[PDB]
Amino acid sequence: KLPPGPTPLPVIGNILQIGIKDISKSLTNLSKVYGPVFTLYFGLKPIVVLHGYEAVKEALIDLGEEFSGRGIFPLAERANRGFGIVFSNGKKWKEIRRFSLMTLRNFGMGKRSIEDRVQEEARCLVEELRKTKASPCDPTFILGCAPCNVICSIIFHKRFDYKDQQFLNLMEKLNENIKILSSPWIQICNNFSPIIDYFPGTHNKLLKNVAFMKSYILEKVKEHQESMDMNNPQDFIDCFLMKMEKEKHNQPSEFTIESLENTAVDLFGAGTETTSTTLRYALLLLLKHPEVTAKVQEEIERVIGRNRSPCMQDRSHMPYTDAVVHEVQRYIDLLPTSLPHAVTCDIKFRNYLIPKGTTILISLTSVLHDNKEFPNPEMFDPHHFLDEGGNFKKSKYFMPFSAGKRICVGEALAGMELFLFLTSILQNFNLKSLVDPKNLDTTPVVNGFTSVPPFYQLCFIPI
Ligand code: HEM
Ligand SMILES: CCCCc1nc(Cl)c(CO)n1Cc1ccc(-c2ccccc2-c2nn[nH]n2)cc1
Ligand SMILES: CCCCc1nc(Cl)c(CO)n1Cc1ccc(-c2ccccc2-c2nn[nH]n2)cc1
Ligand SMILES: CCCCc1nc(Cl)c(CO)n1Cc1ccc(-c2ccccc2-c2nn[nH]n2)cc1
Ligand SMILES: [K+]
């Protein structure tokens with residue numbers, strides 16, 4: 001049988017009982033009644049929730065292959081999203097993911113490293129920040145340009161000037177779609193309608209925005225097909241075309257210009273908003289806890305100095321800053337329920353039997369805010385990742401990127417972006433708040449499955 005859960009109602013299941021304001025809090029409430037594994041019904045669609053480290057670990061890690069599916073919902077069909085990496089399944093997923101991970105290794109695309117691309121972007125970021133001339137600033141836009149440009153550089157090999165209008169169009173389309181996708185109407189309510197789409201104009205805008213991006217990618221790809229040097233692949237496209245070559249004699253192949261376009265859009269989608277938000281939240285928490293910022297700066301001064309860019313090598317000698325980055329991630333809990341999973345076959349879990357294809361919802365919040373691993377999990381405190389001697393203290397509960405076979409492809413990349421961008425900023429600036437560090441609230445603003453920071457402004461004061 002399935003795991004227990006609140007008795008669903010006829011037809012609507014458990015829908016009218018789950019506080020949609022903050023699904024994560026609701027799942028936690030439920031776990032207080034039904035335990036670490038329970039079922040909920042969306043219509044007659046069951047969804048098994050895993051809550052707590054032990055349950056998430058055995059599912060995602062111990063029974064990893066069985067829980068490597070991506071749970072699909074009507075929205076997947078409606079915004080054409082099952083044809084790259086994030087929303088794919090089976091062989092298509094495995095091959096594209098595998099290829100993607102290899103291509104994204106630090107030196108996976110030629111002599112120019114991922115680190116180098118990030119470092120260059122950090123340089124540009126500091127520059128654009130300087131241009132604010134220390135005036136009040138809503139850093140949303142600037143912080144979003146950086147991670148986006150890193151993807152551009154990884155995919156097209158070229159970064160854009162922050163005012164190159166083709167760059168500005170890309171970001172606009174991305175931002176638009178993200179905002180749309182973040183509406184509870186689109187995340188929740190539209191998914192009740194199994195066969196009929198109630199927001200047709202919206203799904204049309206989404207697709208239109210994608211079309212524009214794919215059509216920009218297509219042009220870059222033609223240019224790349226032209227100046228193809230087989231022995232010197234320089235970006236994700238070069239690599240993807242070279243994989244295509246090895247595939248000839250392997251029809252049909254998972255690698256096609258279509259899947260390339262789709263994969264590249266996924267990278268843009270997955271690689272630019274979460275990192276960008278996490279950067280934005282970090283500055284806010286640093287404004288709120290200036291003593292933390294000061295220590296990060298003391299480590300930057302001592303280990304890196306002022307005569308050179310930060311680099312990944314410096315991280316191991318900067319336990320405190322490392323602890324800070326980790327803590328930001330843990331505290332903010334950006335993807336409280338990760339992305340939905342689905343079992344790939346009939347499976348026995350604990351004392352229950354979960355049928356193949358059943359949707360699985362993982363509570364990352366439950367792990368990240370584990371009250372024993374992280375006393376006072378609701379408070380921001382770098383000491384959560386530090387030992388008595390001030391050394392960095394790793395945690396099995398550090399899962400902001402999820403865990404298992406579906407773990408974030410960008411785990412390493414995001415790590416580099418956070419560390420390098422944050423160190424760079426604080427190497428060249430002090431942060432000044434408009435209001436008083438005692439007044440601003442840093443509590444995340446939850447809306448359905450989304451969790452973001454509140455609005456704020458600051459001044460980047462050159463050192
Ligand atoms: C702070 C930044 C980021 C966070 C917190 C984050 C977190 C996550 C999470 C929670 C998932 C869901 C995994 C699951 O299904 O269990 C995910 C998926 C993914 N992330 Fe990210 N991510 C970040 C940045 C990036 C970046 C920069 C990339 C760029 C390569 C990226 C690429 C992906 C991809 C491709 C997936 C889909 C994985 C799959 O289905 O196999 N992410 N990420
Ligand atoms: C009918 C095909 C038009 C598609 C489209 N492309 C762009 Cl671009 C626009 C700008 O609104 N649009 C139209 C659009 C119209 C209404 C919405 C919308 C906004 C808020 C709340 C509900 C809707 C909605 N979508 N579908 N029906 N109502 C979204 C996009
Ligand atoms: C020009 C188009 C902008 C981005 C874009 N809009 C559409 Cl629609 C797609 C297909 O999902 N995408 C690609 C997309 C791929 C993955 C995600 C995703 C990746 C990791 C974690 C959460 C997200 C997510 N899914 N929905 N909203 N944000 C977001 C966007
Ligand atoms: C194909 C899309 C499936 C997503 C979905 N539809 C419904 Cl209905 C459910 C939960 O009843 N869910 C679970 C879910 C929905 C959206 C997200 C999401 C979308 C954009 C940005 C962040 C998130 C996120 N993932 N986990 N928490 N928040 C995450 C989980
Ligand atoms: K309409």
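Position 1 is the first residue of the sequence; numbering continues from there. Ligands are counted one by one from 1 in listed order, and the atoms in each one are counted from 1 as well. The figures that follow rest on heavy atoms only: side chains count, while hydrogens, waters and symmetry mates do not.
- Measured by close contacts, the chief partner of ligand 4 is listed under UniProt as Cytochrome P450 2C9.
- Of lisinopril, ketanserin, losartan, carfentanil, the drug at ligand 4 is losartan.
- Residue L335 places a heavy atom less than 4.0 Å from losartan (ligand 4).
- With a cut-off of 4.0 Å, the other ligands and ions near losartan (ligand 4) are: ligand 3 (losartan).
- Losartan (ligand 4) has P336 within reach: a non-hydrogen atom of the residue lies less than 4.0 Å from it.
- Here's the thing with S338: one of its N/O atoms is less than 3.5 angstrom from an N/O atom of losartan (ligand 4).
- Atoms of losartan (ligand 4) found under 4.0 Å from any heavy atom of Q187 (numbered from 1 in listed order, with element): 6 (N), 7 (C), 8 (Cl).
- Across the listed options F87, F73, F449, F449 owns the non-hydrogen atom lying nearest to atom 23 (C) of losartan (ligand 4).
- Remark: losartan (ligand 4) atoms within the under-4.0 Å shell around heavy atoms of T337 are 25 (N), 26 (N), 27 (N), 30 (C).
- Contacts between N191 and losartan (ligand 4), counted as non-hydrogen atom pairs separated by less than 4.0 Å, involve the side chain only.
- With a 4.0 Å heavy-atom cut-off, losartan (ligand 4) is reached by no atom of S451.
- Here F42 has side-chain heavy atoms under 4.0 Å from losartan (ligand 4), and that is the only part of it that gets that close.
- Taxonomically, the PDB assigns the source of chain A to Homo sapiens.
- Within 4.0 Å of losartan (ligand 4) on heavy-atom distance sit the residues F42, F73, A76, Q187, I188, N191, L335, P336, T337, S338, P340, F449.
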